[PDB]
Number of protein chains: 2
Amino acid sequence: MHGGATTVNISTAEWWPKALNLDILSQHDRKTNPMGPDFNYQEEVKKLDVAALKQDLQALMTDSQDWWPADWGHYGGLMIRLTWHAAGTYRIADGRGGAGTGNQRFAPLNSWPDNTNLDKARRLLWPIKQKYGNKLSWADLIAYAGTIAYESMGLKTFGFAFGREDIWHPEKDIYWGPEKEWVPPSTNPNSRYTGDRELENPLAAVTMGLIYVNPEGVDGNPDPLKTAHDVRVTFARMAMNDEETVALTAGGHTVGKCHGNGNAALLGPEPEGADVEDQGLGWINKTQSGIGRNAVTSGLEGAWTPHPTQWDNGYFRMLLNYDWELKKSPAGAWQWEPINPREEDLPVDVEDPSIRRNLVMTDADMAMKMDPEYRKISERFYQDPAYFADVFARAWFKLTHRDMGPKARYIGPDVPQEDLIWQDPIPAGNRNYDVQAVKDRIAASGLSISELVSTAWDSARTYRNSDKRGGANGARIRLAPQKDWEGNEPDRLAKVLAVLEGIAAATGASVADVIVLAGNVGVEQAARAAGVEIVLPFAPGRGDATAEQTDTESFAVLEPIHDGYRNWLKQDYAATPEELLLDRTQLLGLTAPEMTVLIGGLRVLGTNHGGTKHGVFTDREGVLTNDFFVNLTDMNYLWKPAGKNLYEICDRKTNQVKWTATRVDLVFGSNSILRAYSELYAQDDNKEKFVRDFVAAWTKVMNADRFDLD
Amino acid sequence: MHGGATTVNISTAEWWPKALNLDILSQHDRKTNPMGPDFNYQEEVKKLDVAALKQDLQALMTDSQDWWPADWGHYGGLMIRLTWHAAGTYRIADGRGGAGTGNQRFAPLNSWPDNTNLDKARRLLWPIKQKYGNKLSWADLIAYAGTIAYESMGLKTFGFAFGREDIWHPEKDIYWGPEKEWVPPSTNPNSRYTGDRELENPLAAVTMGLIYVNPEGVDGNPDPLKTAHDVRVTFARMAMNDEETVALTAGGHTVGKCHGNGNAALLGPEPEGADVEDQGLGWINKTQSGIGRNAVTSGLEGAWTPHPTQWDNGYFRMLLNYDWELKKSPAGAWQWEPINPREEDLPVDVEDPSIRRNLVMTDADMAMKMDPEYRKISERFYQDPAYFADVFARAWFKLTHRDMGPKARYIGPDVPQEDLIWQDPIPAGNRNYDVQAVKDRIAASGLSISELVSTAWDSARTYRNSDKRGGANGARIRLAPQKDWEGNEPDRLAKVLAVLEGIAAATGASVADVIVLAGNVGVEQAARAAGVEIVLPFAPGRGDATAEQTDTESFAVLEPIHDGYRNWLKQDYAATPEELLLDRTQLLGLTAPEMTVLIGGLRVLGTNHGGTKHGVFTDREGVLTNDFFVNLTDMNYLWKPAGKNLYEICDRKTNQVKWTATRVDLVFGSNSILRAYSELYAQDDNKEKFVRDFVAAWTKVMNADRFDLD
Ligand code: HEM
Ligand code: HEM
Ligand SMILES: NNC(=O)c1ccncc1
Ligand SMILES: NNC(=O)c1ccncc1
Ligand SMILES: NNC(=O)c1ccncc1
Ligand SMILES: NNC(=O)c1ccncc1
Ligand SMILES: NNC(=O)c1ccncc1
Ligand SMILES: NNC(=O)c1ccncc1
Ligand code: NA
Ligand code: NA
Ligand code: NA
Ligand code: NA
Ligand code: NA
Ligand code: NA
Ligand code: NA
Ligand code: NA
């Protein structure tokens, strides 16, 4: 027998399941990235022959492959379902999920029950990926496929942007929910539901391994009105309102079908569970024909429209004009079928068009008819189909781009020139100003180091790499709702902004550029106070966004209700402060060593929310030294718990309290990885490395949102 | 609630526990390494003030700290136990474990029950680490501490080498055993024992969380003769024979004591389980005094010698001259105490020397008296103490250096000039020869590409980064036992060596240098055959080792009984072929993208063991192309299992068998990470990237053991 920890279960994880998952900070690194260190996907994708790609992708739609034949000779429905599921994992609370990384090709998502047979759809796109190569990411390809499908089936799509860079392993940072089985009912142990069927907060799906809701009803029990409530809830958590939700649902089901003509128990394991002979595919039926008319996917069986290969007004025509009742598909799934349909409305067999099959609606489709608010939108869409096609095209674009970040990241010839509000638009800022002059005015203000640093931190800290929202570009901190957020210390913030707005007015640098420049100046002073002279790198050009281009409600999810870096917690939460710091740090894109130096430096700069002294382990606040680490690692002190999220650092000999500290401070001296970092920075020889690393991490955070730069 | 996978249990690991643990290949990367990319510990440690360090470390031995006072005012015993436990995790079967990485400061090892209170010992060394900084790794410091302790307590140690570079997280590649509890009896479910109490093979300890054996007896039942069997077995798996084993045991227990004066149930959680207030420490007693005379560590209580602060002949004097019986320590542990000791032989209280305490022996100590083979060595050591001190000093040096690799890695002023056989010595090879001339002779031989490449691969593939043994330096492939290993294809190997020995003789390049140069030539030709002209980088200087300096039995553990890279398996094993490939790849130091290109390239070069065609998915064998990937990713084929570790690749349309393949081949098309890599290399635009990456990986492997270079 061999001594390799060679399968995934063998681990430290079993022994101390509560430990911080620091691995989420060291993802997507060089040893996993198979590309050269100078590869730049954005510059490559700019060279892609898009017109040629569009042509090949359109041709693929009607180029049936015999190992997974196209329904009616057209892969369009499959491809739209692929792209909808790719995008459909997004959620607004943390920005995680979405189509922006091509994550559907990796675990767990490649093997979710809701993604059954999308393994074949991905595989069908391989010859195109093979052809266009490094200039076409799987992520962009997967995001594009359904858009091209809509074009080929007769819908005028609103546009498309390239620019999604591929990843090479699962996104380990994404918590998909608490369950340890696929699609368990909402009364299971480990439920994602609390209280009065309230869906726990980051989550945007009703159960583990579904995209949004259960097509058969809540917990598998048909009831259109309860299904509607779940639809409304899950879709809102994916940034969509009633109109967008009805449009998306109807528009999706205007094409394609449900596959459930066989026995679902005969499908082989999902892809991560299948053995090598299945070619990275899953759900393979080796007992009977599992393809064409015998395909089984969701278990429901039928098409929503008479002509599932084309964009039309079939969906509301069927739904609204027929009356419907519950039936069981051949695989045993609940579905709705129409009472007394006409022959001529029956969709035909996917292999032989001389045979007629059946129409179907899911519980979510029936919701669009029975929920009184959806019913109104549905009737509008049936009576005004041009409006329907417009709203649908726009919502489909939003769906597939909502995690792409600012328009500065978008590439390609079909990028819409409109600025949509959900792109959080920001104009280009003037770059032709004297930086030094601005710095001199900042220094000559009487704003302290702590005011300066806290304000620039608070402006940048909202950035999240999950969907590329937030950050210092735009100076949205000066606008509603940010300017009144409790974590942002609105009085201190109003005080600093009054000054810095004056400076911006006077110099023609944006308020955004000045906020950042000012934090640089506070850091610079703090270093100078330690006898270190440095100038921090600085890139001008940030714009100031307007209130008109700032969706107030959509910014709610970026509010800092916790920020370990300023020892801030708005309330007492169930998660530990240090887990919350890890989460925020992962969204900022920071590594564990970065996280560590930032904490130590921010602490000694005197930047804690409320001017608290927790973790301020220095006799010289305002001076950028490694004191935090020196003192944290000093065994002349013992640490005594002193209530909620608080500790006394006491002298072992005198039994006097020297400092206080929170769990955010003390984890850097407790966790064995973080203390190893703390010890490195507390070494006699690493005072200058500490400053230099602090600076580099500061700068990283100030520039996180600068996609406008090249 | 927040959407971060923020604690270690949240994972893909739960869902598909059988999946390959590819993370073990992407360890110790840039995002975890807090040092600058140009930091080089070897060049820094060369600048360390060793004499000053020796002085500080010696002073620490008698610089008692009040939070964990030194027994009798001397930390020596604690520090030797620290260093022995650090080194004592080594095992020969895979080279994993040992003191060579400073792993004791990270999970799981920092919290093993056998490492109780070594958290305090590590902490006590922090002020020295803080002082010497980046020029002194925690790894070297921990390895050195016990050596300096022995010096200060009167023993002439044999020497010491610096050069162990620190790591920054647990070694995820090390499988420590199957149990999910600490120290369970050998009849538990999940036992590491098979058959007739046969210890499963990589493992070198009798249970989970112990270093070697149970000090209270087998499964906690005292019986010196059964304890002896476990001692003999575990120590042999750590490279030590009877003489070294008795010397180590006696020499360790010549100093220090067992701590068990209290109740073990009152000790707080081990370090990874303790909360933030414990300062990364563990086992803290908050209910009563847990320090000094009230310390509890193993639960046994007493010292082996009258004078535990000094090197002497107390150990065999006590053991051999007193008769012993079983008693229970105050913590409730079984131990041996002497019948009728004299007052004057009783070790005194650790805080107050006017109080006498007790002598003790463990079951392993009694083994040294009762096992008939140990008894003889013990009497030799008692009658010849100079011999004892010599053997012990040498074995202690071996213990602490056995995973350091060749002497070329050793640094510092106390490196022994002797070449010990366990360092696998190799001389410097002549570097002043004409490389091209050698290449021309190789090319003009009639040795094929496959002979050339296979032979260089087989010479290098034995390298393992766990203990830095093996590799192409030394040309030990031409010697016993390697030249007759079945995986090395001894006839083909004898045929190639006859030629290449001739070339080496003729040119004054070592046989080692020529073996590698020859593989480069085979690769070069193969590329030329594809119309690509490259010259592979090459570093001369390898030596040819002698039989006299090659310990035949110790090389047994490097035999290639499996090597996916040449589609080789010596027998049918319980582990899957792909898990075995992952293990080997991790020991070679390769990343997953490296592993991937190496497989594809080796396959098309025609290098499989036995000249098999499994995975040879080309019509042009001998030509270095990306054909393997092109064909592997082609859905014109289906894959049919065809017995053990074998598959047929069949044309979907004709149902004819086109190629055959093993699991090692097909996992690269099945695993979702590996197929993502396979697809990258099968892209129309990546023929040259494939060759270039192949070459870079080839070169990496050929140079893995070249510590002689700078
Ligand atoms: C609102 C909740 C939704 C539910 C419960 C739902 C449910 C389903 C189900 C059960 C299938 C059948 C899958 C199969 O068996 O092959 C399916 C197919 C599909 N859905 Fe949805 N859907 C929803 C929303 C959407 C949206 C928002 C889109 C796109 C805008 C979409 C587009 C599609 C398409 C194109 C197919 C056809 C697949 C094919 O022809 O292969 N659906 N839907
Ligand atoms: C052969 C099996 C061995 C067993 C079962 C064993 C067992 C133990 C036990 C139970 C303790 C007491 C720990 C405590 O309660 O503080 C201990 C202490 C120690 N052992 Fe071993 N030991 C073994 C081999 C070794 C070796 C090979 C070395 C070094 C060459 C060593 C050196 C020490 C030292 C120095 C201490 C004293 C710790 C102190 O004074 O704080 N032992 N041993
Ligand atoms: N063999 N296939 C059928 O008879 C069938 C197809 C679709 N819905 C119901 C039945
Ligand atoms: N259920 N059948 C399939 O998923 C399949 C059929 C043929 N080749 C690959 C996959
Ligand atoms: N319980 N429902 C499912 O397992 C399922 C749902 C949608 N597609 C496939 C399977
Ligand atoms: N309080 N400590 C004792 O009485 C003791 C110390 C060591 N062995 C036995 C007893
Ligand atoms: N059992 N007691 C201890 O481990 C300890 C005592 C004082 N400070 C730190 C640790
Ligand atoms: N069962 N034995 C133990 O748990 C143990 C052994 C050695 N040191 C501490 C604890
Ligand atoms: Na790389
Ligand atoms: Na996202
Ligand atoms: Na239609
Ligand atoms: Na330094
Ligand atoms: Na780094
Ligand atoms: Na090792
Ligand atoms: Na002694
Ligand atoms: Na290329």
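Chain letters run A, B, ... following the sequence lines, proteins first, then strands; residues in each count from 1. Structure determined by X-ray crystallography, 2.1 Å. When a ligand or atom number is given, it counts from 1 through the structure's own listing order.
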Problem set entry | PDB drug name, ligand 6 | isoniazid
For this session: Find the chain in most contact with isoniazid (ligand 6) and give its name from the PDB entry.
Result: Catalase-peroxidase
Problem set entry | Chain letters near isoniazid (ligand 6) (heavy atom < 4.0 Å) | B
Exercise. Which residues and nucleotides contact isoniazid (ligand 6) at a heavy-atom distance below 4.0 Å?
Worked result: B:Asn261, B:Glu301, B:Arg357
Problem set entry | chain B: UniProt heme b binders within 4.0 Å of isoniazid (ligand 6) (heavy atoms) | none
Problem set entry | Sub-4.0 Å atoms of isoniazid (ligand 6) with respect to non-hydrogen atoms of B:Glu301 | 7 (C), 8 (N)
Exercise. What about B:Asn294: any of its N or O atoms under 3.5 Å from an N or O on isoniazid (ligand 6)?
Worked result: no
Problem set entry | atom 9 (C) of isoniazid (ligand 6) - nearest protein heavy atom and its distance | B:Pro330 CG, 4.1 Å
Exercise. To the nearest 0.1 Å, how far is atom 5 (C) of isoniazid (ligand 6) from its closest protein heavy atom, and which atom is that?
Worked result: B:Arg357 NH1, 3.4 Å
Problem set entry | Ligands and ions closer than 4.0 Å to isoniazid (ligand 6) | none
Problem set entry | Those atoms of isoniazid (ligand 6) less than 4.0 Å from some heavy atom in B:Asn261 | 1 (N), 2 (N), 3 (C), 5 (C), 6 (C), 10 (C)
